[PDB]
Every structure is written in C-alpha cells, then in structure tokens.
Amino acid sequence: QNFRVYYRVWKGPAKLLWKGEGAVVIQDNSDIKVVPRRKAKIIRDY
Amino acid sequence: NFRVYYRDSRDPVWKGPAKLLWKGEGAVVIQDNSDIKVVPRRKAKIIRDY
Amino acid sequence: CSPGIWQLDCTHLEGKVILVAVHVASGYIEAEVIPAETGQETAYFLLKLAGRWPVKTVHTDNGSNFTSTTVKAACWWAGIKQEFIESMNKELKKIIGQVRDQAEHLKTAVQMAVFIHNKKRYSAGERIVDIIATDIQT
Amino acid sequence: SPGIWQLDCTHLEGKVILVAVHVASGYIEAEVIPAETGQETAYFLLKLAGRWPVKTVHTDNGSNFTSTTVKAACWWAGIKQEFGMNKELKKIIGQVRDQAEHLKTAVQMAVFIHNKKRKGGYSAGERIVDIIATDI
Ligand SMILES: Cc1nc2ccccc2c(-c2ccc3c4c(ccnc24)CCO3)c1[C@H](OC(C)(C)C)C(=O)O
Ligand SMILES: Cc1nc2ccccc2c(-c2ccc3c4c(ccnc24)CCO3)c1[C@H](OC(C)(C)C)C(=O)O
C-alpha cells in the first residue's frame, strides 16, 4: 500500500508520513509540512 | 452502398436502411423493401457504408 | 474463438448510466458513463469500440437505445451484425463499489474498476490481445 | 516501443480533439472533449491505460498535460511521463467531415478508417495487437 498525497492550485505527489484527525504530515523534496486533512487527497497506487 | 434513414411523418422514429434511387435538391426517392417512397432531403440521412 | 463477438449493456448507478462492452471470449471490458440512455450515445460508443477492435457481432437486449436507428446505422456502416454470461458485468459493479470512495467522481471509479478488472490475473487484457492476434496471424 | 505512446490536442471547430498514438504500430485513439483541461486529459489517460499496457507517455508542455490530475493518473497507473499519423488523421477528418453532422462522429469515423487501412502490409489495428501479443 503506497500512498500519494496531492495537497494545498494542487501540489503532488508527496510522500505519506502520518495522517491525523484534522491534518496530514508529508514531504517530497525535503520540506516537511502539515496540511489540513480534506484538501490534501490521498490516492494509493494499483 | 448508400443507406438512407428517413422520417416519413412528423417523427415517430427514423426508419431503417432504405436504398437510394435518386437524390434531388428538395427530395429523395428511396426504396424501402418493395416500396418506393419520397421524402424531403431535409428528412433524410444518407450514409455511405465503410 | 468468437474474436469478433461482443455484448453491450446499460447499468444504472448513482442516477447515472454506465454503458458496458464485454468481449465475450476474453472477458475484457470497456465502459463509459453517458449523460442519457439514448441511441445516439449508444451508437457513438459503438463507433469508438469498432474503430479499436475487429467487431463482427454485437449482442444486446430490446433496449429502446439498442433498437434505435442510430445504432442500426452505426452497425451497417461498420459491418457489425446485431443480435437480440453476464458475470463480467456483475463483477464490474462489485469492483466499482470497492473502489468507489477512492475517487470523487463515479466516472473515475468506473474507469479505475475497468482497469483493475482487465489487469487482474492470465488477465483479460492479455487474453483479448492474444485472441485477436492469433486470429490475424493464423 | 511496446508501451510507448504520444498524446496530442488538436483544435477544430472550436472543439478539442484529444489523440493518443501508439508510436510503434501507428494506432490511434481519439476523443472530443468539452474543455482542454487536465481533468479531461487525465480521465482520457485512465481509459487508455485500462485498455493497453502503457508504460510511457510523450506530451508537450500543455498546461493540460503538465496538470497534476494527469500526474496523479500517471502515478496511479504505471505511467512515466516524458516531455522531451496525427497529420494524416486531420486529413481524413476533413475528407469525411461532411458525411456526418457532429464533428465527434467524423473524428471516430476517421479513426476507424485510419486503424483499419492497410498497405497491401498490415493495418495499424493489427500491428498493435500483434506487438502487444508478442510482448507480455
Ligand atoms: C447525428 C446523427 N443522426 C443520425 C440519425 C439517423 C441515423 C444516423 C444518424 C447518425 C449516424 C449514426 C451512426 C453512424 C453515422 C455515420 C455517419 C453519419 N451519421 C451517422 C457513420 C457511422 O455510423 C448521426 C451521427 O451522430 C451520432 C453518431 C451521434 C448518432 C452524426 O453525427 O451524423
Ligand atoms: C476530482 C479529482 N481531483 C484531483 C485533484 C488533484 C489530483 C488528482 C485528482 C483526481 C484524480 C486524478 C487521477 C487519479 C485519481 C484516482 C482517484 C481519485 N482521484 C484521482 C486514481 C486514478 O488516478 C480527481 C478524480 O477525478 C479526475 C479523474 C476527473 C481527475 C476524482 O474523481 O477524484
């Protein structure tokens, strides 16, 4: 289960770290950040 | 070769493939099974087979 | 062998119309979500299908959309005969249900499910190309 | 070559035709879409990928192709996107255009004509299935 978040006009893919109640902590390049849950969709792979 | 689909009333439904006999400015004469029929050009869809 | 035999069906889901083509021999699926269950839409579908696969025969029900003159026209043009098991259709519904929440739009879920179905293993996606290929090559 | 495709937008009659070429075989898929958006492009790509083993897609810097919706589709399915028979298609559409009311109908007619045509010496429709089949 490899998950990809596209975040906040959209940005991604960024690598899933932790998803919590109202936000998800994520990073791609080096910049770790936290975005509120609902506008940072998480779609897996096949 | 050429197939004509036509409306031969107000418009219940386009009527099935009919043979093109003659196509003129304002009308087309077609044969549907045994029946020669005349419809306006504007009530006639004429499609050439692939 | 039946390389040219397909089946056409309409499912309703979330007050929308999914149109499904099954290549009977391989179990392969194409699907499109359409705005209306019309003969125009059905026929335009059939054209797309026929330009992509060697389609000899299409199995359908007495659906007004399938008995429509637009569909008949498409068939005559492309040289498809129209005739008047459905586990690949019911399986598709299942998979859509499974993946439904993964995507916003139903259409996205449908195409996801088609992809899942064709690729699962061997696979229907492989079987169809194999079948069609062996029919051209022999 | 098996799995390499190219994606392009033509504009015609103030409409957007989206075209996929399987580079190896010359085979075509096309769809007329309401807007030149990334959403539409991506939904196209999903349909394409569910039907063919598509590994790599070549596109331009089109805002629709550089759109994340498209990126998302690619990552989800298997597809690498590169940024570094189309002209024939336009020709055929022109030829058949008057035979049908709607441009979309003309486009699909033209696709059919193109894929089924031979050089008598196989058709593109045949070449692609052959290629994919021999692969696996
Ligand atoms: C609008 C229409 N309206 C119609 C009304 C009655 C009968 C056919 C149509 C046809 C028609 C149907 C099937 C075909 C056609 C072809 C050329 C031209 N028209 C059609 C070749 C492939 O198969 C069509 C075509 O449109 C649909 C495909 C959306 C139905 C068209 O654009 O002419
Ligand atoms: C609305 C959206 N909005 C988006 C905004 C940003 C990024 C992607 C999307 C995506 C998206 C893109 C690619 C995918 C998706 C999958 C599941 C869910 N959404 C998507 C699996 C297949 O590949 C989507 C999806 O819709 C489109 C297909 C019209 C883009 C969706 O329905 O969620």
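In the text below, chain A, chain B and the rest are named by the order of the sequence lines, each starting its count at 1. All heavy atoms count here, side chains included; hydrogens, waters and symmetry mates do not. Order of appearance sets the numbers: ligands from 1, and atoms from 1 within every ligand.
- The drug placed at ligand 2 in this model is BI 224436.
- Contact analysis gives the chain with most pairs under 4.5 Å to BI 224436 (ligand 2) as the one the PDB entry calls Integrase.
- Those other chains that come under 4.0 Å from BI 224436 (ligand 2), heavy atoms only, are A, C, D.
- The residues of other chains having a heavy atom under 4.0 Å from BI 224436 (ligand 2) are listed as A:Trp10, A:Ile43, C:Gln102, C:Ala103, C:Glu104, C:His105, C:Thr108, C:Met112, D:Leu46, D:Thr68, D:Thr69, D:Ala72, D:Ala73, D:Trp76.
- By the deposit information, the source of chain C is Human immunodeficiency virus 1.
- According to the entry, the name of chain A reads Integrase.
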